[PDB]
There are 2 protein chains.
Amino acid sequence: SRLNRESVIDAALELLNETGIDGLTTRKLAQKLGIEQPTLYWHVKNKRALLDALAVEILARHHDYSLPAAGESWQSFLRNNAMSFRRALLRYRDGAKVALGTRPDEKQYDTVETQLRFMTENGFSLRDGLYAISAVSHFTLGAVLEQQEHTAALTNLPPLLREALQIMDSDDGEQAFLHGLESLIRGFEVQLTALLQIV
Amino acid sequence: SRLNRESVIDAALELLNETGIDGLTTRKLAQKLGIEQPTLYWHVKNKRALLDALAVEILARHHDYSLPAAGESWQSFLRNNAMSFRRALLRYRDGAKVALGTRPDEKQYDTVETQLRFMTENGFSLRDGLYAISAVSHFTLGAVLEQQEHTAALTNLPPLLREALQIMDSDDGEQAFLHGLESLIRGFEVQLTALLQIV
Ligand SMILES: CN(C)[C@@H]1C(O)=C(C(N)=O)C(=O)[C@@]2(O)C(O)=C3C(=O)c4c(O)cccc4[C@@](C)(O)[C@H]3C[C@@H]12
Ligand SMILES: CN(C)[C@@H]1C(O)=C(C(N)=O)C(=O)[C@@]2(O)C(O)=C3C(=O)c4c(O)cccc4[C@@](C)(O)[C@H]3C[C@@H]12
Ligand SMILES: [Cl-]
Ligand SMILES: [Cl-]
Ligand SMILES: [Cl-]
Ligand SMILES: [Cl-]
Ligand SMILES: [Cl-]
Ligand SMILES: [Cl-]
Ligand SMILES: [Mg+2]
Ligand SMILES: [Mg+2]
């Protein structure tokens, strides 16, 4: 079938959904695409190239709150950005695993530069803004990965743990995520406010 | 060589370090152990059983701050617990990937019950204590996974991003981690303090 970049990526996401990350392979991608393996190699050199591309494209397709609204607070932007990031990572099987350890792509440069500038224009040093952005990224990735890999795994408890497991089993993870997110955002705010005060 | 549980686990961690998680296999474990594959199967049924075991044993061996000190504050316990958790996850290649989505093992029941009880004895509802514990777990896992998978990957920047990448490349990740951790802990504290007040 068609082997332009857009089409190869569509097929790879479809396969990622069916097989997960560890099961995703170029041989299986060639099969899905109805092509021989040397044909594929012309377009896709290895699994890493594919993974890097999929991490960019998953956000390009499903991460719709990458930029703050006009007049939006930094707190609100981090909240909205994190919810959007989480949704995007949850959309394909092992999506968060595909996103791990990637670095900004050239096609994302304008966008993440704006993100970083925004934090600095709200009083953060680049480092402190970066640390806030990174903590949000990390917390969100961890929460999605635990949620997803828990599912992968599924394929005389003491009382508080029993109840804790009931609590976790009662929700997809969004409740704990949204709660932890408010804690994180407010902690950043306390830090930012304090300036040189002992806090 | 010897195939008791302890020995199989030693070999599997050694192999995890050499090959990472996706490359870890029972065939390769059998090779390391100097045994045939049906011999191994008697002791280890599949890769999942091995992964579940390794997640328990990595913490058993290297997570030394699982319990609060006498009179220790909940803030200090979460801090100390998180640093210890992070160190443990960093000790083997893809350690954090091995830990993902696991649930408490029977051998950890006493310990995590104590953790949960401790939070409740400091004023948290079980749910809020759980949400705090989970946010710490998630933030720490995400930060370790990004650090580690970044390394795996390695095998006209705009100015703020250039500097941000210099900042990240200058440290192993501990600085941003410790900073984000204080933000998280203080956010929990603000929440706990507020009780029914609008906050
Ligand atoms: C907070 N939120 C989840 C962010 C986001 O919305 C992104 C996006 N594509 O819109 C990221 O790329 C974002 O998710 C993300 O992945 C970010 C990063 O990876 C980095 C890295 O690795 C190094 C320097 C700077 C960044 C960053 C500023 O681009 C990060 C922004 C992250
Ligand atoms: C915060 N810190 C990293 C904790 C920890 O020190 C643990 C340990 N072995 O000592 C965990 O097991 C700990 O790391 C961890 O993994 C915990 C959990 O997985 C769960 C799950 O999944 C469900 C209910 C309860 C727990 C928990 C209370 O046992 C969690 C405690 C985590
Ligand atoms: Cl076609
Ligand atoms: Cl074509
Ligand atoms: Cl492959
Ligand atoms: Cl021996
Ligand atoms: Cl033996
Ligand atoms: Cl295997
Ligand atoms: Mg990233
Ligand atoms: Mg866990």
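The chains are labelled alphabetically, A first, in the order the sequence lines are listed. What you see of chain A is 2-156, 165-208, where the numbers are those given in the PDB entry. Here chain B follows the PDB entry, giving residues 2-156, 165-208 in order. So how was this one determined? The header says X-ray crystallography, 1.7 Å. For ligands, and for the atoms within them, numbers begin at 1 and follow the listed sequence. These numbers come from the heavy atoms of this one structure, side chains and all, not from hydrogens, waters or symmetry mates.
- By its PDB name, the drug at ligand 2 is tetracycline.
- In the deposited model, most contacts to tetracycline (ligand 2) involve the chain that UniProt calls Tetracycline repressor protein class D.
- Other chains making heavy-atom contacts shorter than 4.0 Å with tetracycline (ligand 2): A, B.
- In this comparison of B:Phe140, B:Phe86, B:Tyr66, the heavy atom closest to atom 3 (C) of tetracycline (ligand 2) sits on B:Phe86.
- Checked against UniProt, the tetracycline-binding residues of chain B with a heavy atom under 4.0 Å from tetracycline (ligand 2) turn out to be: B:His64, B:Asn82.
- Of all the listed residues (B:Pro105, B:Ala56, B:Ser138, B:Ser85), B:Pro105 holds the heavy atom that lies closest to atom 26 (C) of tetracycline (ligand 2).
- Residue B:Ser67 has no N or O atom closer than 3.5 Å to an N or O atom of tetracycline (ligand 2).
- In the vicinity of A:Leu174, heavy-atom distances shorter than 4.0 Å reach the tetracycline (ligand 2) atoms 23 (C), 24 (C).
- Counting protein heavy atoms only, atom 25 (C) of tetracycline (ligand 2) is closest to A:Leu170 CD1, 3.7 Å.
- Other ligands and ions under 4.0 Å from tetracycline (ligand 2): ligand 10 (magnesium ion).
- Scanning B:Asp65, B:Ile59, B:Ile134, B:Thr141 for the heavy atom closest to atom 30 (C) of tetracycline (ligand 2) points to B:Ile134.
- Remark: tetracycline (ligand 2) and B:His64 share an N or O pair separated by less than 3.5 Å (distance only, no angle test).
- For atom 29 (O) of tetracycline (ligand 2), the nearest non-hydrogen atom of the protein is B:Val113 CG1, 3.1 Å.
- Near A:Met177, the atoms of tetracycline (ligand 2) lying under 4.0 angstrom from a non-hydrogen atom of the residue are 21 (C), 22 (O), 23 (C), 24 (C).
- On a distance-only criterion, B:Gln116 and tetracycline (ligand 2) share at least one N/O pair closer than 3.5 Å.
- Within 4.0 Å of tetracycline (ligand 2), judged by non-hydrogen atoms, the site holds A:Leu170, A:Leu174, A:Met177, B:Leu60, B:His64, B:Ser67, B:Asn82, B:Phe86, B:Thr103, B:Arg104, B:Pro105, B:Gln109, B:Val113, B:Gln116, B:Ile134, B:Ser138.
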